[PDB]
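Report on one structure; see the data block that follows.
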Amino acid sequence: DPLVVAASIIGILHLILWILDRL
Amino acid sequence: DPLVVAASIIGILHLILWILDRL
Amino acid sequence: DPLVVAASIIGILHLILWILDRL
Amino acid sequence: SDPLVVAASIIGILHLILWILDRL
Ligand SMILES: C[C@H](N)[C@]12C[C@H]3C[C@H](C[C@H](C3)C1)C2
């Protein structure tokens, strides 16, 4: 499902940003 | 599956909100 | 997939916790 | 079995762990 695939990419991005935001 | 679809929408929302919370 | 169903529930939970902490 | 979706699932579970530990 493209909605699930899109949420997958976004959740990967979210953790990257959250880690960078804590660094 | 409705639960996976719901979490997908919710994860999209989550990142939007978090980004805004930092801006 | 139990990983995907589990991450769905956990993702819903994470957003609920973020909102509560925000509110 | 989509590796994107499995990866994001694993990452989403870790994200919550980090958030909770950062909360506690
Ligand atoms: C909401 C999660 N980040 C989640 C992770 C995986 C991708 C999508 C759907 C579900 C599995 C739940 C988003």
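In this entry the chain letters A, B, ... are assigned according to the order of the sequence lines. The numbering of chain A matches the PDB entry: 24-46, in order. Here chain B follows the PDB entry, giving residues 24-46 in order. Using the numbering of the PDB entry, the residues shown for chain C are 24-46, in order. Numbering of chain D is taken from the PDB entry, so the residues present carry the numbers 23-46, in order. Every number for a ligand or one of its atoms is a count from 1 in the order of the listing.
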- prompt: What drug or investigational compound is present at ligand 1?
  reply: S-rimantadine
Main partner chain, S-rimantadine, name from the PDB entry: Matrix protein 2
Heavy-atom contacts under 4.0 Å with S-rimantadine, by chain: A, B, C, D
- prompt: What residues contact S-rimantadine if the heavy-atom distance limit is 4.0 Å?
  reply: A:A30, A:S31, B:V27, B:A30, B:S31, C:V27, C:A30, C:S31, C:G34, D:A30, D:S31
